[PDB]
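Here's Salicylate biosynthesis protein pchB with salicylic acid bound to it.
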There are 2 protein chains.
Amino acid sequence: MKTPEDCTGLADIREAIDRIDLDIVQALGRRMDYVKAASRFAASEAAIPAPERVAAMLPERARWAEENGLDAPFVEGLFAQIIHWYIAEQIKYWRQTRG
Amino acid sequence: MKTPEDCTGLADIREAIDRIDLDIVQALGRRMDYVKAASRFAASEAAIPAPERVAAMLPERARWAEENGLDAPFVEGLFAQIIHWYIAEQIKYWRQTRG
Ligand SMILES: O=C(O)c1ccccc1O
Ligand SMILES: O=C(O)c1ccccc1O
């Protein structure tokens, strides 16, 4: 596993990107564990989507993007897609655990 | 950060989720370092998009999604977007520096 500067061709590059992508999938895997646990602190299925939390989360992620060398809008939009899939998945977990 | 099981409320849940989302953002920042470095292994900009690489990457991330208990099409849908963002970022960096 080589740093960007030590990479001598695309195989080296793609070895590190595959690893990074797997970390992202693994992190998303762990995120679902916390999103499912979040369902226990929801009094109803309507209490889950929590729009104020989403709206405040998103500019928070956009800033982190900038602090990491990335244009914000795309990263904000990416997290918008992530958060909504997890919301729907939480409702699905709430429905099967609470009816 | 507590374990999913030890979280008392939404405050503990959100602490963990913020940490994982930041982990993802940082992973994306490092991924950019590698994508930018990859421009020096392309003779022309035409070589950059490399559709053959995209086609192989996709089902591999789908497979990883399943191995981590996530919807394959969803995660596969996220990467299709990520990858095309970085291709477009790569080309810009390429023109900028002329690799
Ligand atoms: O997954 C999230 O971050 C989330 C945010 C707000 C409401 C429900 C959720 O699952
Ligand atoms: O970012 C990627 O994974 C990528 C993949 C194929 C071609 C160019 C790229 O930037």
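Reminder, nothing fancy here: chain letters follow the sequence lines and each chain counts from 1. Read the numbers this way: they start at 1 and go in the same order the structure lists the ligands and their atoms. This deposition comes from X-ray crystallography, 2.5 Å.
- Tracing salicylic acid through the model gives ligands 1 and 2.
- Other chains within a heavy-atom distance below 4.0 Å of salicylic acid (ligand 2) are, by letter, B.
- At a heavy-atom cut-off of 4.0 Å, the residues contacting salicylic acid (ligand 2) are B:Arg31, B:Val35, B:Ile48, B:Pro49, B:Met57, B:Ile83, B:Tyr86, B:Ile87, B:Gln90.
- The UniProt domain of chain B holding most contacts with salicylic acid (ligand 2) is Chorismate mutase.
- For salicylic acid (ligand 2), the atoms lying closer than 4.0 Å to a non-hydrogen atom of B:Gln90 are 8 (C), 9 (C), 10 (O).
- Given atom 3 (O) of salicylic acid (ligand 2), the protein heavy atom at minimum distance is B:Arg31 NH2, 2.8 Å.
- Note: no N/O pair closer than 3.5 Å links B:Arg53 and salicylic acid (ligand 2) by distance alone.
- Counting only heavy atoms of the protein, atom 7 (C) of salicylic acid (ligand 2) lies nearest to B:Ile48 O, 3.2 Å.
- For atom 5 (C) of salicylic acid (ligand 2), the nearest non-hydrogen atom of the protein is B:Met57 SD, 3.8 Å.
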